[PDB]
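Caption: PDB structure containing bedaquiline.
Every chain is numbered from 1, with letters handed out A, B, ... down the list of sequences. Values reported hereafter were calculated over all heavy atoms of this structure, with side chains retained and with hydrogens, waters and symmetry mates removed. In listed order, ligands and their atoms are each counted from 1.
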Amino acid sequence: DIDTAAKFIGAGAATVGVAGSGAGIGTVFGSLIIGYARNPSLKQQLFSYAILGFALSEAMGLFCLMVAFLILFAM
Amino acid sequence: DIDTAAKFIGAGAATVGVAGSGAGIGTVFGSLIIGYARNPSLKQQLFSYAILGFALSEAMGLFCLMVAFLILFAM
Amino acid sequence: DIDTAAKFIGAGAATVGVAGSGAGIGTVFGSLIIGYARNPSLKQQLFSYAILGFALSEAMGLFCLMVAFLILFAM
Amino acid sequence: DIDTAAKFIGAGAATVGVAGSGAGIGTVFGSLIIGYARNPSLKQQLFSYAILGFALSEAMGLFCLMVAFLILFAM
Amino acid sequence: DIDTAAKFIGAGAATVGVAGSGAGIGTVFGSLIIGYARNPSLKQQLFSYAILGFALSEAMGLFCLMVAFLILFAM
Amino acid sequence: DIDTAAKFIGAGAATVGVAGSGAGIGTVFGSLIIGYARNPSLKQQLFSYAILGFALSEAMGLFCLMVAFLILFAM
Amino acid sequence: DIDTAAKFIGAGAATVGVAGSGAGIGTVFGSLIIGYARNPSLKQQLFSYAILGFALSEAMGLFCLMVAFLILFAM
Amino acid sequence: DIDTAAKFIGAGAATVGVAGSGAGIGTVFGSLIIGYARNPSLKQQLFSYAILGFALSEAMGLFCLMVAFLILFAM
Amino acid sequence: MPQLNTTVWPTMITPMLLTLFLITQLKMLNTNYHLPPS
Amino acid sequence: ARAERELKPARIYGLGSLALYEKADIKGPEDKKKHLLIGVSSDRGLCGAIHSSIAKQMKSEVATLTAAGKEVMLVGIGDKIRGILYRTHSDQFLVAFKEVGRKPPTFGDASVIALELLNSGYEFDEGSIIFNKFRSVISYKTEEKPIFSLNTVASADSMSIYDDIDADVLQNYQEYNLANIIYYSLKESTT
Amino acid sequence: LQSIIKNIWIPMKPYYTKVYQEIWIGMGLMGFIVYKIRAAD
Amino acid sequence: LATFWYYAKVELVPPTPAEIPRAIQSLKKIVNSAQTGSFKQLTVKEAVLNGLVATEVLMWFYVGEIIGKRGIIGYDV
Amino acid sequence: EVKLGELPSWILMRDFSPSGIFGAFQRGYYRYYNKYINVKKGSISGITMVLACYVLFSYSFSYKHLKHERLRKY
Amino acid sequence: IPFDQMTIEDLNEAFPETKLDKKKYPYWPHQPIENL
Amino acid sequence: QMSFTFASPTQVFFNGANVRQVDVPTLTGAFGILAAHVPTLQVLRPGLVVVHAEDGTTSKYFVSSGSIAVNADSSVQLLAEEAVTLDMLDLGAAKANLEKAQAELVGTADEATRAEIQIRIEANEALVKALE
Amino acid sequence: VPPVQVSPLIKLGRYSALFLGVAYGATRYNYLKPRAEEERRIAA
Amino acid sequence: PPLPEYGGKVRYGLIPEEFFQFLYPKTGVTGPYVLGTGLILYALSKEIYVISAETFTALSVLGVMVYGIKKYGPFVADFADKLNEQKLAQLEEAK
Amino acid sequence: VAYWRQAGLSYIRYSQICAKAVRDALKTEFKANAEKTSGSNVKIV
Amino acid sequence: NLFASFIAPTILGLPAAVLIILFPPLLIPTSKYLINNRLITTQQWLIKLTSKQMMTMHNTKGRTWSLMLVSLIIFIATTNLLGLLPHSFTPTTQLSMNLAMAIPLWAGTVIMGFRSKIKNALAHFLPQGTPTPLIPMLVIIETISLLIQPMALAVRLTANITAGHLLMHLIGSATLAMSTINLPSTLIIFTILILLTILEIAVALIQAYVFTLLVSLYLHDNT
Ligand SMILES: COc1nc2ccc(Br)cc2cc1[C@@H](c1ccccc1)[C@@](O)(CCN(C)C)c1cccc2ccccc12
């Protein structure tokens, strides 16, 4: 029963990788705040990019979560 | 019972992932400070954007914490 | 007896998560320095935000330590 | 028994490495927001540079997924 | 035995957490340089915040260190 | 055999360290976006610097991969 | 023995805290570049700050390093 | 039998510490790009500092690498 | 890692020295840029 | 009459336009070679010593600078000063302008003059504009105001305190302040 | 070995004699390093 | 498209039984060169030409082999 | 030159010295260079043929390794 | 001679302005990198 | 502490007045200026200028071009080539000239004239966004 | 360029070799299949 | 001596037309083509060319080469021609 | 460096165009007085 | 099995690695003529641009290394580019050749920095505006960095090129394994492989340029 134990440890290690997505979302929305303070007329378009940015970095993060479950539940 | 041991190690690993949300909240509120010191007439909209960014970053962090508590208790 | 060993390992791995709060507080106070160097007459409000940022970012760090104290003693 | 175990552990540790990809994508699109708020006439060139940065980022990630696969399947 | 071994491992994994204080000190003094080059008339006051920032970020680092010396020497 | 098991574990732990190069490439190309939005007449020289930055940052991550393979195959 | 083994693992884990000092030195000298591009007539004072930041950030790293040695050769 | 296994594990955990230098070199050259786009008449002097920063940031990372081999080959 | 097999190292060192230092440089010395006339 | 009434807001404007260069205390370079000299006057005579004094100052400091080796090129806003100085200083002459005086001078006029002063290819490294500062109905004084280029306002170490400054914003500010000082002098010489 | 002296060494003489001397010191260093690496194997 | 078929309908077609006489005739010519040894009479140009044509007919044999086993890459099992 | 000679003694009549085969290689290189490269209005095929021959050579010695990855055994 | 059949030594013979200063600059490219 | 001097070529709005905050649309973005703001000097782009008097009440003008200068002694000089209070502009003419300008842009192909068209377009866009 | 009628010996060689190859391939495939499955089963 | 104005008329960047003309008389137009197809079939049939990951890396790099050639061949060719004619024009002017 | 500065314009031309745009958006009550108080009459020789 | 394309190639028992290493200069023909073909024209233009890029930042003594540094970048770039051909053995993936390119140049650099200018070279170890109270620690880092700058060069090349090839090869296998399975997935993986091949071309050129630029900077800091 060392296999299931290592599956636990591997799921934990794999889900460590969400820190990058957290920091990336932080940077995206921080730069949105700054760039909107500078040129508040483009509030719409800037926000669009924000979503795009927030969608990409978080995507990578979700991958980790997916991989985590793939080590925890699938095999 | 090695599974208890693996559960503890995996919970520690999974909760490592909150560093991302920490640095993300730091970046979001730092950029709020900067963007407000530049254009302090948009205090309300900048604060709303900061709340959104903080919510998303802490959401990723709490995803990590929830994975930790799910490994540690709910198998 | 391996479970207590893993308790130690998981407590260390949990408390490594405070690096995020460290970097977040660093970013918050760096941005406070910048935004105060630009528009110092806002020294009050800026600092307020800084505190908030700190008081949120550091909070995440505490969560990490919390899970440490959940594995090391509460189990 | 222990070999497949360590393979799962190493696979998780290897797939950690895309946190940097997440943070890099975050920074890239954040600076895209900023540089577009600065010079909103160069939207196409800035978007091209952002796509380039996102590509190179997901690339440095593939470098980690390579060792993850190599540990998991082709030891 | 196994417990002292894991005590060493956990102390190491815990003192890993000083990376956040290192990066935070770096960011604080970087923003100090930038904000002093921008508005050198506020130097003293700016430097004040810098100290605070340092004394706070490093603070979190100490936590990591001390909890290591709680697994390594205390229990 | 525990030696090959720890080879896998150490290979994963080693290849963790590509997150730094991911984040660094993100930073370099974000700063390229910014500095090109501020002075688009230097499009060439800026890009040149970007290249250098990239090729150095990524370099560090590959060192990690080196040790990974140096552990995984060549002992 | 299991003490020498985990002492090796603990030193190898503890010496990760140098990542923070690497990133902190990088940030300090990047901000020095920026603050010099802004106000080049303070090239002396700026540089002093840089060194200070450097001599502080790396300092934290050194702590981590010695901790590794502290658990490798001393005890 | 297990001391060599732990040497492999500790070597991996030691060499993961190069992410800091990856991110630091990224930051140094991104700030070089920005500061050059702002004041392109100091192209040489800025570059000088960049190298310094690089030569320092990388330096820290290589320390980790050295320790890796000092755990993997010396003892 | 086949790069570590030190038995085939000289086979990689001596021809490189014949290319980097003797042949490529010789072909560079034959690439000359005259000055512009009046 | 009315020109004195419109001189008050224009004086506030043009004087707040140059408060920077006296708060930042830009001294200008006394070493560089090229030089630009604008002389503001009108076209219709019967005004006394207006154009005569302008010409006196113009040719006087033209000789004063040519004695030091600085190349001076002349601009004449107003046909009177142009016709007075075209006899002796014609090769040292960049461009002149019309219709100055008939209608009250407006900011469009100063903008056009400044545009043509930039769209002329004269890389002027320093300049001076000479107008008739109105003090009272009885008396005026021939004054001149300096005009700095980009390289002297960007290299002045007293401008190191001004934040968010690069060469482009300084270029735009210098061009607009050229137009501003021309408008100030055009409003002062009508009175 | 004519045109081996003139086409091969006459061009490279000012470099092989004056400019690349420290290069040759470093090449001796590298040869020593390679010999020691191959000796411990 | 159709250019390939337009060219193939002349030379890439089965040999009509009416031209097997001069086919075995050319066979007789080559075998007479074998009889006396007239391959000594042969220079390299058309020699390598005939060698290339022999390689081409061998590739016809091998295409027939791969279509005689219903599998491209080797024998399926 | 061959393609017109029809005797076997030719094959040994040639200059099989190190200098001889070196000069033969040099003459072949110069014929190729003069034909495909050393002309104005030149083309890239003068380089793609060299690259194709280099690929054939780099595959020829790599066959001993690729033979261990066949999907048939006959 | 037309310039299509001209060698660099022929150009140095016809236009002495173009000969490189192999004495002031002994090493490649025998001229200042700026003027290159 | 702040000495605000807001002036057009023909009219003076504030002269040495003590307002607490002024929000200006600089070419490098918009920023708000309070007392002891870092010394800067910038050139404006078409947009609103909101002046906050010590009473907390706002005065909103529309500047077309000019220069803002914040000095070391907290003195602010804002010079607008055409500073028009919002009660003098209309939305229909702005939107119609925006129509015209975008039309001749998609019609024109040369760089300098299309640059002039783009400047007019962004001016009228600032007008529309300022009125509503 | 107009087509060129090929020497009939070459056409004969082409098609005779094609048919000989068809036959050879079929016979060798049916010859190797039983030995193939034999050794596949005996391997386990 | 002057340089010729054309090269060797290589078809597909790999095979020169001298081969096609040399194989034209005996086997017609489709001679070289059917020889090539038969050679490729005998190669990847008797496992002479064994399919591997290198097959797909080869296809990828060949596609990138062909696209880069077809997209930047005219540009680089005219660039070299203009460099040569600029040098020639400057030398004719200095005459 | 904005797009018009790349296109060769100067800030005086930019300001002329933006001020003309602002005046053209004035309501007809003020527009005549506006273009007359800011119209140009100078001419180049 | 997997590292097979990095083992020293041998055909019929002979080490073809020497031919593979000596081939790159064959692609750079030279001519004495004044107006020559498109290949030599483009190549001489590229060499001129490269020399102006690398050498302009040197003084009159550093510029005596123009031949060395230009031939070095021309050799590394050509080797890395020839390494992308199918089945090709890339000699820059070898730690031996990269160490033999790195150690001589760096060693000659520091030796010419310690023979002349030795006082200023040793002052370089301590930055100009350095406060005193902790200068000994700054002595530990610089020297040790100087002691690892040669190796850090060679590996930076090797661990790069090798890795690139590995990745491509691995991704290649992916397509093959998914060739007999859902084909849209195969086309996605093949598009990934095409993007990776473009990245590998760019990284070949970039690694050449960065190797020669770091040697150039070491030299500039010693002349
Ligand atoms: C679509 O995403 C991409 N975009 C890219 C953009 C540029 C470049 Br150059 C490479 C890119 C590569 C990819 C993926 C990809 C898709 C197919 C094959 C190979 C690679 C990816 O590598 C994701 C990148 N991260 C995760 C490292 C991946 C790898 C492995 C497993 C995956 C599973 C699920 C999703 C993505 C998976």
- prompt: Quick check: main partner chain of bedaquiline (ligand 1), as named in the PDB entry?
  reply: ATP synthase F(0) complex subunit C1, mitochondrial
- request: Note the other chains with a heavy atom under 4.0 Å from bedaquiline (ligand 1), by letter.
  value: A, D, S
task: Please give the name under which the deposit lists chain S.
output: ATP synthase subunit a
task: Check the deposited model for a covalent bond from bedaquiline (ligand 1) and report its residue and atom.
output: none
query: By UniProt's count from the N terminus, which transmembrane segments of chain D have non-hydrogen atoms under 4.0 Å from bedaquiline (ligand 1)?
result: 2
- request: Identify the binding-site residues of bedaquiline (ligand 1) at 4.0 Å, heavy atoms only.
  value: A/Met60, A/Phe63, D/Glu58, D/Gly61, D/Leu62, D/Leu65, S/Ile192
